[PDB]
2 protein chains.
Amino acid sequence: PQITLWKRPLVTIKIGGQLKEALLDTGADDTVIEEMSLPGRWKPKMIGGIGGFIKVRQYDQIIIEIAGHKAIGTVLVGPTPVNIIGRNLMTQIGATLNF
Amino acid sequence: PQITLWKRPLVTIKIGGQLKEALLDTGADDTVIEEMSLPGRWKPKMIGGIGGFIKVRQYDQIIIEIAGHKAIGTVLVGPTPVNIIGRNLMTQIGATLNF
Ligand SMILES: CC(C)CN(C[C@@H](O)[C@H](Cc1ccccc1)NC(=O)O[C@H]1CCOC1)S(=O)(=O)c1ccc(N)cc1
C-alpha cells in the first residue's frame, strides 16, 4: 500500500500468536512492543527519546507478520506507550519513504 | 526521493537560514527542533514520547525547507534527542510510506 501521513500510520501485526495494532515508525531504530511474553532468551536494554529512557527486554529472532508481510528480527518488550514497528523490521517488508 | 530504512532517514533542513540535520519520523505527530531562536510568539504544548510527557514551545507558521521541499507550519522547540520532522510537515512535502 501507499500510506499517507495525515493520521498515524497504524497497521495490524501478529506477534506471539497475538494480534496487535502498531505504528510504522521511521524514527525508531528497533521495534518495541508493550508487555507480552515471547519465547527464548533475552537481555536488558535501555532505549530513549522524548521524555527520557525506558528499560526493555531484547528478544532476537522473533517472527512478526506486519500488515500481511512476514519478517524476522529483534523485538524489544517493555513499557512503551504505543507499539512501534521500527526500521529493523520495516526494511524486511520493503518499506520506503517517498516524496 | 525514495528513502530506504537500512540507515536512519536523516535529511538536511533549513530553518532561519541555517542548515541542520533532522530525522524523518513517521512515529512523530509533531516536528521538534533543538533549542534555537525563532520569531514570533509561542504557546505551550505538552508532547509525549517513549519516556513520558514534556513541555515544549510551540511556534506556528514557521518557514522550513526539508530536503529541498518547502513547508510552512508548526515547529516545537525543546529537549529532543535529535531534530525530528514529524507528520505535520511530512504531509506538506508529500511524503508517504510505501510497501
Ligand atoms: C524520538 C525518536 C528519535 C525515537 N522514538 C521514536 C519516535 O517516533 C516516537 C514514537 C512514539 C510515539 C508515541 C509515543 C511514544 C513514542 N515519537 C515521538 O516521540 O513523537 C513525539 C515527538 C514529536 O511528536 C511527538 S522513540 O519512541 O524514543 C524510540 C527509541 C528507540 C527505539 N528503538 C524505538 C523507539
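Simply put, chain letters go A, B, ... down the sequence lines. Chain A is numbered as in the PDB entry, which gives 1-99 for the residues shown. In chain B, numbers come from the PDB entry; the residues present are 1-99, in order. Just follow the structure's listing: the first ligand is 1, and inside any ligand the first atom is 1. According to its header, this structure was worked out by X-ray crystallography, 1.4 Å.
The PDB lists the drug found at ligand 1 under the name amprenavir. This structure shows the largest set of contacts to amprenavir (ligand 1) coming from the chain the PDB entry labels Protease. Other chains with a heavy-atom distance under 4.0 Å to amprenavir (ligand 1) are given as A, B.
Binding site of amprenavir (ligand 1), heavy atoms within 4.0 Å: A:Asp25, A:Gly27, A:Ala28, A:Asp30, A:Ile47, A:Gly48, A:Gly49, A:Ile50, A:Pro81, A:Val82, A:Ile84, B:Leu23, B:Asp25, B:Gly27, B:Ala28, B:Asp29, B:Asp30, B:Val32, B:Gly48, B:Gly49, B:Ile50, B:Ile84. Residue A:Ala28 approaches amprenavir (ligand 1) through these ligand atoms, each under 4.0 Å from one of its heavy atoms: 34 (C), 35 (C).
Remark: minimum distance from atom 13 (C) of amprenavir (ligand 1) to any protein heavy atom is reached at A:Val82 CG1, 3.7 Å.
Those atoms of amprenavir (ligand 1) with a heavy atom of B:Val32 less than 4.0 angstrom away are 23 (C). With hydrogens left out, the protein atom closest to atom 12 (C) of amprenavir (ligand 1) is B:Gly27 O, 3.4 Å, a heavy atom. Looking at atom 15 (C) of amprenavir (ligand 1), its nearest protein heavy atom turns out to be B:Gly49 C, 3.4 Å. In terms of protein heavy atoms, atom 10 (C) of amprenavir (ligand 1) is closest to A:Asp25 OD2, 3.3 Å.
In the structure, no covalent bond to amprenavir (ligand 1) is made by any chain. Nearest protein neighbour of atom 28 (O) of amprenavir (ligand 1), counting heavy atoms only, is B:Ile50 CG2, 3.0 Å. For amprenavir (ligand 1), the polar-atom distance check against A:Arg8 finds no nitrogen or oxygen pair separated by under 3.5 Å.
Of all protein heavy atoms, the one lying nearest to atom 21 (C) of amprenavir (ligand 1) is B:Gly48 O, 3.4 Å. Closest to atom 31 (C) of amprenavir (ligand 1) among all protein heavy atoms lies A:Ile47 CB, 4.0 Å. Less than 4.0 angstrom separates some heavy atom of B:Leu23 from each of these atoms of amprenavir (ligand 1): 3 (C).
Atom 24 (O) of amprenavir (ligand 1) has its closest protein heavy atom at B:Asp30 N, 3.1 Å.
Every atom of amprenavir (ligand 1) is numbered from 1 in the order shown, and the set under 4.0 Å from a heavy atom of B:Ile84 is 1 (C).
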